[PDB]
Structure formats: C-alpha cells, structure tokens
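Section: structure with 4-hydroxytamoxifen.
Chain IDs: alphabetical, in sequence-line order. Chain A is numbered as in the PDB entry; shown residues: 309-329, 332-417, 419, 421-461, 464-547, in order. Residues displayed in chain B correspond, in order, to the PDB entry positions 307-337, 341-460, 463-545. Just follow the structure's listing: the first ligand is 1, and inside any ligand the first atom is 1. The figures here come from the full heavy-atom set of this structure, side chains too, leaving out hydrogens, waters and symmetry mates.
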Amino acid sequence: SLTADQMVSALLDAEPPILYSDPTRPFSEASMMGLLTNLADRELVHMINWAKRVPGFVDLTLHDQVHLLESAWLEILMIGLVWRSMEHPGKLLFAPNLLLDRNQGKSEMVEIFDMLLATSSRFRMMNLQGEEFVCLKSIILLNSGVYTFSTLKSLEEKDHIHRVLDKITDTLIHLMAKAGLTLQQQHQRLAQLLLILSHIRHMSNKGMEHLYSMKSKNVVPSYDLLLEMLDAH
Amino acid sequence: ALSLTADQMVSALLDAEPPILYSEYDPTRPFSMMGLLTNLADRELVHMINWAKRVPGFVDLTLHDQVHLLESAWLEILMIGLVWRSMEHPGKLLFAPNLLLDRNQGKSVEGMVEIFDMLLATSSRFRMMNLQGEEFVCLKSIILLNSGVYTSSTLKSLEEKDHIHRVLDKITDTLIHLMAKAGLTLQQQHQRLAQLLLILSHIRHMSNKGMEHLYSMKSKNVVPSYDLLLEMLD
Ligand SMILES: CC/C(=C(\c1ccc(O)cc1)c1ccc(OCCN(C)C)cc1)c1ccccc1
Ligand SMILES: CC/C(=C(\c1ccc(O)cc1)c1ccc(OCCN(C)C)cc1)c1ccccc1
C-alpha cells in the first residue's frame, strides 16, 4: 500500500543500532568466539524489533514470523557485518571496537572470513547505497524461509509475503531509477544485488554448520526462544 | 560470446541442454536409494561438463576458473534439473523417468526427507510461476557462473571476474527479453526477474544441505575433487 519512498523511509527508520563488543585489558584470540557470540546474542534482540517494523511482517501469524526469523537470523547478522565493513578493505568490522583482518581470523572460520571479505569487496565495487542495503536485508527476512513452511491460512500467508517481496522489488527499481540509471542498468543492477543473496545464504549455512558442531545447548536460537522474543505484550 | 543477441543466447542454451538419463536398475528385480542416486549423478556430471562448455562465455575462462565454478555449482545444477523435470508431477520427484518417488520414499536415507520436502516445495513454486523452458536454461546458466564467483587480486583474475559479470548481465538482459516477448509489463518484468533469482538462494541452501550429507559419508570418491573435474574439463 505504501509508495516506494514511503517504503525506504520506513526501512531506514527501522534500522537497528551498531552495538559494541570486552575490557581494554590484553587481547587474546581464544576469546574470539566468546566475543562474537555475546555480540550476536545482543544484536538479535534488536533484530526482532527491526523485523516487526518491516512492512507486512507483523501481518503474518506469530508462527510464520518465528519461522522466517529462524531461517534468516544469521544471514541478517552477516549482511550487517559485510555492510559496515564495506569501507574497511581487508578487514571485518564486527563492532567499532572490534576490527579484525584475515590473519586474526585464523583463531577454527578463516574460510567464512574470506567469504565475508569478498562480499564486502563486491559491495564496495558496486557502490552499494544505504537505501539499497535496507531493501536487501528486508528481502532476506521475507525470502529465506518462505519455501519451508497446505492450509488456506498458509496459502494466504505465502501470497502476502510474495506481494511484499514484489513491493520491495519495485522500491529497489525506483531507487535505481531515481539515481539516473537506464532501464537496462536497472535490471542488471537488480540482478547483481539479488545474486549476492545466494552467497550470503551460503556463508550463513557454513556458519550454522560450525554453531551446530559446537554441541552447546543454546548456541542456535530455539523456536521457543524466538517465539518468546516475538510474542510481546 | 558477449555479442550474441538475446534470441541467439536462448537458442544457444537450448541447444546445449543435456539429456535426461535413466536410473540403472533391473526393473524385473524387486524394489539402495543412495546407490541409485549416486550412480545417476555421476553419469549426469559427465554430461554437465559438456553442457558447461557450451554455455557462452564459460570456455573463455581459464581451466582453473572453470573447475572452480563447476566445483561450487555442480550439485546446485543437478538439483535445479531435478526440480525442473519434477514440475509437472505434484508431490513427487522425477529423479529419472524410471525413478519417480513421493514424500515417504525419501525416508530411506538419513536427512533426505528434509531435502526431499525442500525440493518438492521448489517444484511447487516453479509450477505456480509457470516457469518456462527458456527461463529455466537461463537460470541454470546463472547458477554455473555466479555460485563460485565470490571465491583474488591478480590482474588476470580481475579480468576473469569482470568477464563473468558481463556474461551474467547478458543472461539478465536475455531473461528480461523473454518476459517482454511474452507481453509482460515493465513492472511484471522486474518483479518476475526478482522472483526467479530469489529461488536461486533456496537452491543454494538445498545444495549445502546435500553437500553436508555427502561429506558426512566417509567415502573417498563421493565428492568430486578438483583434479577429477580438471581431468574431465581438460
Ligand atoms: C561471521 C561471524 C559470526 C558471528 C557474528 C556475525 C555477525 C555479527 O554481527 C555478530 C557475530 C556469530 C557468532 C556466534 C553466533 O552464535 C551465537 C548465537 N546464539 C544465538 C547462541 C552468531 C553469530 C560467526 C558465525 C559462525 C561462526 C563463527 C562466526
Ligand atoms: C536430492 C538428490 C541428490 C542426488 C541427485 C541429485 C541430482 C540428480 O539429478 C540426481 C540425484 C545425489 C546424491 C549424491 C550425489 O553425489 C554422488 C557423488 N558423485 C558426485 C561423485 C549426487 C546427487 C542427493 C544429494 C545428497 C544426498 C542425497 C541425494
């Protein structure tokens, strides 16, 4: 129902803050997973607030909202990381007080590290804009779990998600058209942006693989935990 | 290769299409699932290599970069093919014309039922979208070129990446042309382009789940090595 410009402003308004990591005591590479886990768990609370502010998301059932977040949360964390690392070549800006390069990633993730750095590089080359970024993040939330939900309710939920996804596509095209791009450039850029999302899913899968391999009780946010965070009064 | 028309690009991809293979099993014999699928895939991979070489722009790359792209994309390519020929068979996966299974038949293998349902959902989405053959071959070409392009600073590799992105742009223009030829409005054009490309994210996910299982098997030959792929390409 909203216009493209109304859509962008809504997404920009809903943006989560950049959080910080740790005492200015000596640094050690052993505590790296500790720092990143603490940060992530903290961001995830804010991500829930952001999601409820993505247009169309709260129109879904509580169950489907959880399913979408369950599928997308690490992808969302990762595109956020890649975004704030964009203007810091060769480094990943996990937090403003936690900026690491390749060699420091070797602490058992250097594979994922290199993949994130390459995505940052790609964003840099494409001159990715903030307005485009918030659209892509919204798309990840809506798309990542939409294929893994019969009932009439489900069919209506799926149709709604696809209609919102169509709206974000229109918004992306409008941003490019505002920027002065030709129709050919618009289509080509849209495609370039969406193809990156495949790589972000890949990195998320690799990351989730490690998280499950840790064999710890809450390393992956449970359905029940996500439900409680979403199901607010 | 970067000078073809949209129609020339399409006819090139359609002519390059690999054949549908059959499962190897005695049909007179009683009703091994992983054994059947592994044999099918291995035979399919040989034809996939011939196909890759006829994708415009691919052979312009170094043999090293060709192997890397195929390394990243081969199971994705097998899966989108599986989804495509399963499209007109709701609730079933058509692994081969003599091997059509439903939901409960994937339970024979650990974790397969998860993948099974994800594949069925993709075929359903394809059917809903009324995906066209010409669109399909474009999507499969995109998978080949895009999946490995993010995994360099050497002048040559900068040239290689540049080339891959120019080819991907050409396929994008081709997709748009197909849709414009079918009378879609500009809005419906870019909306459909987005819908199709977003499905490729789910296909990556399914490949990753599948790769996790193949690796979980402690077999030396199950995952095709760089050398094996280089032998086949070169
Ligand atoms: C790439 C960094 C990422 C972490 C991360 C990414 C982005 C960001 O903004 C913050 C952190 C990461 C690490 C741990 C983690 O699991 C903790 C989750 N809770 C839910 C138990 C999540 C992300 C990571 C994921 C898997 C393995 C190693 C590292
Ligand atoms: C989803 C079916 C797929 C098989 C398949 C995919 C596409 C196709 O057209 C036909 C069958 C499959 C299974 C194993 C496999 O690896 C074999 C090892 N070779 C590659 C050395 C490839 C495909 C599969 C992948 C992982 C585990 C179980 C099944």
**Asked** Quick check: main partner chain of 4-hydroxytamoxifen (ligand 2), as named in the PDB entry?
**Response** Estrogen receptor
**Request:** Tell me the other chains with a heavy atom below 4.0 Å from any atom of 4-hydroxytamoxifen (ligand 2).
**Result:**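 Counting heavy atoms only, the chains are B.
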**Request:** Counting heavy atoms only, name the option from B/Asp351, B/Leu346, B/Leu387, B/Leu345 that's nearest to atom 6 (C) of 4-hydroxytamoxifen (ligand 2).
**Result:**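 Residue with the shortest heavy-atom distance to the ligand atom: B/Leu387.
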**Message:** What do you see: which UniProt 17beta-estradiol-binding residues in chain B have a non-hydrogen atom under 4.0 Å from 4-hydroxytamoxifen (ligand 2), if any?
**Reply:** B/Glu353, B/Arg394, B/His524
**Request:** Write down the UniProt domain of chain B that holds the majority of residues in contact with 4-hydroxytamoxifen (ligand 2).
**Result:** NR LBD
**Entry organism field for chain B** =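 The deposit names Homo sapiens.
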**Prompt:** Does B/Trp383 have a non-hydrogen atom less than 4.0 Å from 4-hydroxytamoxifen (ligand 2)?
**Reply:** yes
**Message:** Mind checking which residue and atom the model joins 4-hydroxytamoxifen (ligand 2) to with a covalent bond? None is a fine answer too.
**Reply:** none
**Request:** Under 4.0 Å, heavy atoms only, figure out whether 4-hydroxytamoxifen (ligand 2) is touched by the backbone of B/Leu525, its side chain, both or neither.
**Result:**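 It is the side chain that touches 4-hydroxytamoxifen (ligand 2); the backbone stays farther off.
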**Request:** For B/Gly521, take its heavy atoms, then give the atoms of 4-hydroxytamoxifen (ligand 2) lying under 4.0 Å from any of them.
**Result:** 26 (C)
**Prompt:** Would you say B/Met522 touches 4-hydroxytamoxifen (ligand 2), if touching means a heavy atom closer than 4.0 Å?
**Reply:** no
**Message:** List 4-hydroxytamoxifen (ligand 2) atoms under 4.0 Å from B/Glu353, heavy atoms only on the residue side.
**Reply:**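 Those of 4-hydroxytamoxifen (ligand 2) that fall under 4.0 Å from B/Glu353 are 8 (C), 9 (O), 10 (C).
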**Request:** Quick one: look at B/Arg352 and 4-hydroxytamoxifen (ligand 2), take heavy-atom pairs under 4.0 Å, and tell me if it's side chain, backbone, both or neither.
**Result:** neither
**Item:** Contacting atoms of 4-hydroxytamoxifen (ligand 2), where contact means under 4.0 angstrom from a heavy atom of B/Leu349
**Value:**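 Under 4.0 Å from B/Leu349, 4-hydroxytamoxifen (ligand 2) has these atoms: 10 (C).
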**Message:** Tell me whether B/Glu385 reaches 4-hydroxytamoxifen (ligand 2) (any heavy atom closer than 4.0 angstrom to a ligand atom).
**Reply:** no
**Prompt:** Quick one: which 4-hydroxytamoxifen (ligand 2) atoms are inside 4.0 Å of a heavy atom on B/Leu428?
**Reply:** 1 (C)
**Prompt:** What are the neighbouring residues of 4-hydroxytamoxifen (ligand 2) within 4.0 Å, counting only heavy atoms?
**Reply:**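 Heavy atoms under 4.0 Å: B/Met343, B/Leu346, B/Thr347, B/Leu349, B/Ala350, B/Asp351, B/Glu353, B/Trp383, B/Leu384, B/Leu387, B/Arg394, B/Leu428, B/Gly521, B/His524, B/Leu525, B/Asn532, B/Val533, B/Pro535.
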